[PDB]
Structures are given as C-alpha cells and as structure tokens.
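Accompanying notes for the structure given below.
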Protein chains: 2
Amino acid sequence: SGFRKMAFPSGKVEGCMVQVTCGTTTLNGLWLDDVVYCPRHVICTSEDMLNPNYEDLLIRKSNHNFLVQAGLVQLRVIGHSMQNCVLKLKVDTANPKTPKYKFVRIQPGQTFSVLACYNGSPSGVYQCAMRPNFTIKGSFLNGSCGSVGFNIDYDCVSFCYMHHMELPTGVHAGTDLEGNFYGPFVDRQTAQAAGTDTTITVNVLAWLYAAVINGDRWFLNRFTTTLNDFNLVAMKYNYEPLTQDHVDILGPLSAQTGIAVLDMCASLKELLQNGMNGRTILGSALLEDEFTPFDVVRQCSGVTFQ
Amino acid sequence: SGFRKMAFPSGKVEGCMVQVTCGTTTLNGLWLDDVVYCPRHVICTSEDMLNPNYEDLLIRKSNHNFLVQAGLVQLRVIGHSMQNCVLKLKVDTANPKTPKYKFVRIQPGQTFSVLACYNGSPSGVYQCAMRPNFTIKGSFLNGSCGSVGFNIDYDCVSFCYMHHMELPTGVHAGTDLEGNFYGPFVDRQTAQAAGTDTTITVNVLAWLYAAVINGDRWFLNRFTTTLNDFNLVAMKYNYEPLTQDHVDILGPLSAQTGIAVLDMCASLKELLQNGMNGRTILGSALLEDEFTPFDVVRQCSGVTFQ
Ligand SMILES: CC(C)(C)C(=O)[C@H](Oc1ccc(Cl)cc1)n1ccnc1
Ligand SMILES: CC(C)(C)C(=O)[C@H](Oc1ccc(Cl)cc1)n1ccnc1
C-alpha cells in the first residue's frame with residue numbers, strides 16, 4: 001500500500017550522460033551508440049542567445065571544438081550535424097552502456113522521469129508531465145540543459161525530452177530527441193510566455209482511483225454525471241475536456257475498484273465545486289494530475305524493469 | 001529554477017539488487033561485496049508471521065535453502081547468519097558492481113531515496129523521510145520487502161533503510177542495515193500502531209526558504225517571533241519543537257536569502273494559524289516537511305554525484 005510520485009530507475013540513463021563543452025559553454029549530452037545528442041545552443045554565448053543565427057554560428061565550429069567527456073575519459077568527435085534544435089556529435093566509440101532505446105514524441109498529459117545532470121554528472125531523478133501548454137514544471141539550474149526525460153518499458157528506454165530553456169515564469173521548455181520543441185517555444189531568449197496551465201482531467205481521475213485502492217475514500221459521494229455535464233464544470237475550472245477515449249483508458253481502474261468512471265467524475269465535480277475542506281487525498285491538499293492511468297496501474301501492481 | 005521532490009540517481013543501488021527465495025517466500029536482497037542482506041522474515045510462511053520464533057525457524061534452513069538470483073544468474077550461498085532482524089547470506093562471488101558504501105542509522109526527520117523492487121528487479125525510485133514516529137510513508141506492495149533506502153555523497157552510497165513491514169494503517173516500518181528496526185516496531189503480524197505523525201518543523205522551514213529562492217514569496221509577512229513563542233504554536237499543531245540546533249542548521253539558507261530564521265518562523269506561524277487561503281507554495285497546498293536543509297541547498301545549487 002501507499003502511493004508515491006515515483007520515477008523510473010535511472011541507471012540505464014546514467015550510463016549515457018556525458019559533458020559537452022563548446023568554447024565557454026558546458027552542458028549535458030546523451031551518448032547512445034556512436035552519437036552524442038545535445039542542445040544546439042551549446043554553440044552560443046550568453047550574448048548570442050538574444051538573436052542567434054545557428055547555421056551561421058555553426059560555420060565557426062569544427063569537430064575538435066566540441067569537447068565531449070564521459071566521466072574522466074575524453075571522446076573523439078569524428079562528425080557533427082544540426083537536426084532541428086539538437087546537435088548530433090558522431091564519436092569514434094559506441095557507448096558500451098547503450099541500453100535498448102527508442103525516441104518518442106509524447107502527447108500533453110503524458111508523464112516521464114527526468115535525470116537532472118550538471119557537467120555530465122547525474123544529480124537527481126524526478127517525475128514530470130508534459131503540460132497541456134507544452135511546458136514542464138521541472139527543477140533545472142544553469143548547466144542542466146541536455147538533461148533528458150524518459151520512460152522505461154521492461155528493458156527499453158523511450159527518450160522523450162531534452163531540456164533547453166527556462167521561461168521567465170520559471171517553467172521549462174525543451175525538445176524531443178529529434179530536436180523539435182514541444183509546443184511553440186524556441187531556443188532564443190525572447191518574450192515567449194506559456195498559455196493556460198490546464199489540469200489533466202484523466203490523470204486526476206486516475207489518481208482518485210489510486211486513492212480508493214489505497215484506502216482514501218472520503219470523497220466518494222452518492223452522485224453520478226455525464227461527460228457533457230462534467231465538462232461544463234471542467235471548463236469553468238480550467239480542466240481539459242474529458243473524452244470517451246479518456247473514459248475507455250480508465251476502464252481497467254474502473255473494473256478493479258467497481259467505481260464507474262462517471263461516478264468518479266461526479267466525485268471530482270464535487271471536489272472542484274466544494275474544495276477539500278481542509279482534508280487530504282494521498283497526502284495532498286490539491287488534485288494531483290501528474291499520474292497517468294498507466295502510472296497508477298503500474299505502481300499499484302508492482303511492474304518492474306530489466 | 002523550480003523545486004521538485006527529487007531522489008538520488010538509483011543506478012549504483014540497482015546494481016546491488018538480487019532476488020532471495022526461501023521455500024515459498026520471495027523478496028529482495030542487497031548484494032554488497034560477498035554478502036547478501038535481506039529481511040529475516042524470508043524464512044516465514046504467512047502463518048508463521050503471527051508469532052514467529054526466528055531462531056527456531058532458522059534451524060530448519062541450510063545454505064542451499066536460500067535461493068539467490070542476480071538477474072538470470074544464480075549465486076552460490078556458502079554461509080548464513082542472523083543479525084538482529086536481517087539475514088546475511090555469504091556468497092562465493094563479490095558483487096562486481098559494489099559501489100563505495102556505508103551503513104548509517106538515520107535520525108527522525110532525515111530524508112532518503114527508496115528503490116522499490118520486486119523479485120530483485122527495480123520498479124521505481126522516490127523520496128521518503130524517517131518520520132518522528134519512526135514510520136515512513138512509502139509505496140510498497142507484497143514482494144517489496146528488502147527494498148532499501150539510501151543517500152549518496154559523491155561516489156559513496158550510505159544505506160539507511162531496509163523495508164520489512166506494513167502496518168494496518170498503511171504506513172511502513174523497517175530496519176537499518178544492521179537489522180535493527182527504527183522505532184518500536186517488530187517483524188511480527190501483531191497489533192502495533194504508530195504514534196503521532198508529527199510535522200518536521202526544520203524541514204518545513206527549509207522548504208519555505210526553497211520557495212523564496214524559487215520566486216514564491218506571498219507568505220512572507222512583517223512579523224518575527226522567538227523560539228519559545230513559536231514552539232507554543234508548534235505544539236498546538238503537532239509540529240516538532242524547534243531547537244537552537246535547527247536554527248543553526250538553517251544558517252546557510254538564512255544567509256543566502258537574507259531572511260532571518262525567526263522571521264521565517266513567524267511566516268510559518270501565520271501559515272499554521274491562518275492556513276493557505278487556497279494558495280499554493282511550490283505547487284503544494286500543504287506545508288511540505290520531507291526536504292531537509294541539506295536537500296534544499298543541494299537541489300538549489302546543483303550538487304552532482306560520481
Ligand atoms: C509530432 C508527432 C509525435 C505527432 C509525429 O508526427 C510523430 O513523429 C515523431 C516525431 C518525433 C519523434 Cl522523437 C518520434 C516520432 N509521428 C510520425 C508518424 N506518426 C506520428
Ligand atoms: C542507534 C544509533 C544510530 C544512535 C547508534 O547507536 C549508532 O550505531 C549505529 C547503528 C546502526 C548503524 Cl547502521 C550504524 C551505526 N552509533 C554508534 C556509535 N555512535 C552512534
């Protein structure tokens with residue numbers, strides 16, 4: 001019993017972290033097979049970041065300008081290229097610790113673990129979600145760029161995020177491993193602001209199921225609702241509209257607990273309209289939205305990984 | 001910027017997890033050098049757990065009754081002994097992945113990371129604290145016993161917890177790596193209940209400093225207090241008494257922010273008496289107490305680990 005914000009074990013990703021230095025800038029890279037992936041802004045000065053022309057800046061860089069270090073051992077760079085907002089640095093040695101892996105582009109609402117690193121060295125691991133506004137709420141200091149987010153299924157690491165930017169409001173933006181930003185963000189220091197931080201309704205419902213499984217049931221009520229009635233309340237509270245697809249995804253948790261999805265929606269509706277009245281659910285005083293249905297099933301059943 | 005509940009990278013501990021089976025019971029063990037540590041209740045049936053005589057049950061077990069498996073490879077058990085509530089299974093092969101390590105017995109209020117495992121395989125990592133009542137609030141299912149808690153300083157893993165028991169109220173009890181339970185708990189299925197779950201005041205204050213560092217400052221007020229006046233309020237709210245030692249430990253965070261410790265105490269006092277008024281601090285609607293002062297400094301400065 002018990003339900004915690006849980007990250008994937010980080011060891012398979014730790015073995016892939018390197019330090020990348022270009023001129024005066026040091027950040028992290030991800031070493032998989034014979035390629036190191038890192039943010040293209042490694043080539044910028046702080047001055048450059050206001051209005052960088054990456055293609056032009058890159059002309060002045062050769063393979064030997066990209067210093068790649070794995071622990072205390074230097075890697076030899078034999079080629080480099082820009083793909084969208086990442087650089088791919090070809091090295092002469094395949095990472096002997098390369099796990100089975102895939103590159104995935106996730107949808108808003110999906111969760112993942114972040115291995116925060118500095119100077120190629122892991123500092124901590126924590127769980128995030130891709131927000132509906134395409135930011136993430138991370139913990140990233142200067143030097144953390146190039147840290148990655150990932151999910152694991154058994155023995156395969158699916159990398160879904162590389163960290164690039166902090167907005168002036170303290171939230172975070174980044175790319176998939178093909179170098180395409182999530183949402184509308186760019187690797188320039190400009191006036192870009194995040195849109196509404198909508199609550200991920202299907203995840204809140206999953207977490208309410210987790211609460212019931214783990215003994216917290218005070219919020220269950222005598223009511224039901226419909227998708228359309230619930231969504232009229234979801235809209236008022238800046239919740240994502242709940243779809244039939246979301247209902248179907250909650251099916252297994254509905255079956256395990258015997259609580260119909262629309263009944264749980266009615267419990268959530270009452271929580272939104274009435275608040276918590278100073279009570280808690282799974283040690284939280286707000287409605288948690290960074291557990292997916294699959295996260296809840298995984299943690300409540302004990303799924304492990306090679 | 002940003003502040004997250006962050007666990008240590010788990011790779012060094014992943015390399016130490018094995019599966020231990022004795023008769024019909026399977027749980028996790030920790031393999032360091034040529035010794036595997038695991039809970040002594042591996043030798044019990046579910047029936048035995050009501051009133052086990054461990055010394056007597058152990059008589060019926062030989063080295064070959066302890067099946068130890070590291071991934072898909074079996075380890076040879078050449079000796080075994082009971083030390084308090086753990087078994088030490090001597091194996092004929094030193095773990096080649098043994099990190100630098102220490103065994104530490106932590107104080108209530110100190111935090112640590114847990115690598116939850118099943119069948120010797122890591123499932124997730126999360127952050128915990130030793131509560132003032134000597135429980136921890138974890139996420140542990142059947143088969144998770146033998147999962148460990150730990151801290152890392154650079155390249156050395158300090159193991160501080162091994163999981164043994166779930167109380168009927170859903171909180172968790174366990175031992176240090178010498179096999180001594182934290183608090184008054186025992187490895188028997190009996191009526192043992194946890195005492196008051198007191199809030200770790202020094203950790204709440206550390207987290208309020210983290211909030212200020214990261215931009216959340218609405219709760220700063222015009223007031224100050226004294227230790228004795230604050231503690232009269234701490235007592236009413238089931239907070240641990242704040243000592244001069246705690247004040248001294250907060251010194252660095254006080255210096256970084258320029259907010260005197262007793263001023264932050266006065267802010268906390270107002271939060272306790274008035275509540276949050278529906279506001280949040282670092283994405284929380286309650287006062288978080290599972291970050292230590294050292295955790296806050298570490299995460300706010302970017303300390304990494306070999
Ligand atoms: C943007 C998205 C995810 C909808 C997309 O178009 C996706 O392409 C990828 C992009 C980045 C990676 Cl890392 C992986 C796939 N896709 C291709 C074919 N069907 C879907
Ligand atoms: C119980 C405690 C922590 C106060 C204690 O007595 C401690 O002993 C240990 C016990 C378990 C481990 Cl894992 C490590 C040390 N100690 C010895 C000498 N001074 C302090």
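Naming convention: chains lettered A, B, ... in sequence-line order (proteins, then strands); numbering from 1 in each chain. All values below come from the heavy atoms of this structure, side chains included, with hydrogens, waters and symmetry mates left out. Numbering of ligands and ligand atoms starts at 1, following listing order.
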Help me out: which chain holds the greatest share of contacts with ligand 1, per UniProt?
3C-like proteinase nsp5
Hey, which of probenecid, dihydrotestosterone, primaquine, flumequine, climbazole is sitting at ligand 1?
climbazole
Chains contacting climbazole (ligand 1) (heavy atom, under 4.0 Å)
A
When you look for heavy atoms under 4.0 Å from climbazole (ligand 1), do you find them on the side chain of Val104(A), its backbone, both, or neither?
backbone
Okay, for chain A, which organism does the deposit list?
Severe acute respiratory syndrome coronavirus 2
For atom 15 (C) of climbazole (ligand 1), what's the nearest protein heavy atom and its distance?
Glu178(A) OE2, 4.3 Å
Only heavy atoms of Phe103(A), strictly under 4.0 Å: list the atoms of climbazole (ligand 1) that pass.
13 (Cl), 14 (C)
At what distance is the nearest protein heavy atom to atom 1 (C) of climbazole (ligand 1), and which residue and atom is it?
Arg105(A) CD, 3.0 Å
If you have a sec, work out which protein heavy atom is nearest atom 4 (C) of climbazole (ligand 1) and how many Å separate them, to one decimal?
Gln107(A) OE1, 4.6 Å
Identify which of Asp176(A), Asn84(A), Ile106(A), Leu177(A) has a heavy atom lying nearest to atom 11 (C) of climbazole (ligand 1).
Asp176(A)
Provide the UniProt domain of chain A home to most residues in contact with climbazole (ligand 1).
Peptidase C30
Indicate whether atom 20 (C) of climbazole (ligand 1) is within a distance of less than 4.0 angstrom of some protein heavy atom.
no
Could you help me out with the residues around climbazole (ligand 1)? Anything with a heavy atom closer than 4.0 Å counts.
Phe103(A), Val104(A), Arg105(A), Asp176(A), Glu178(A)
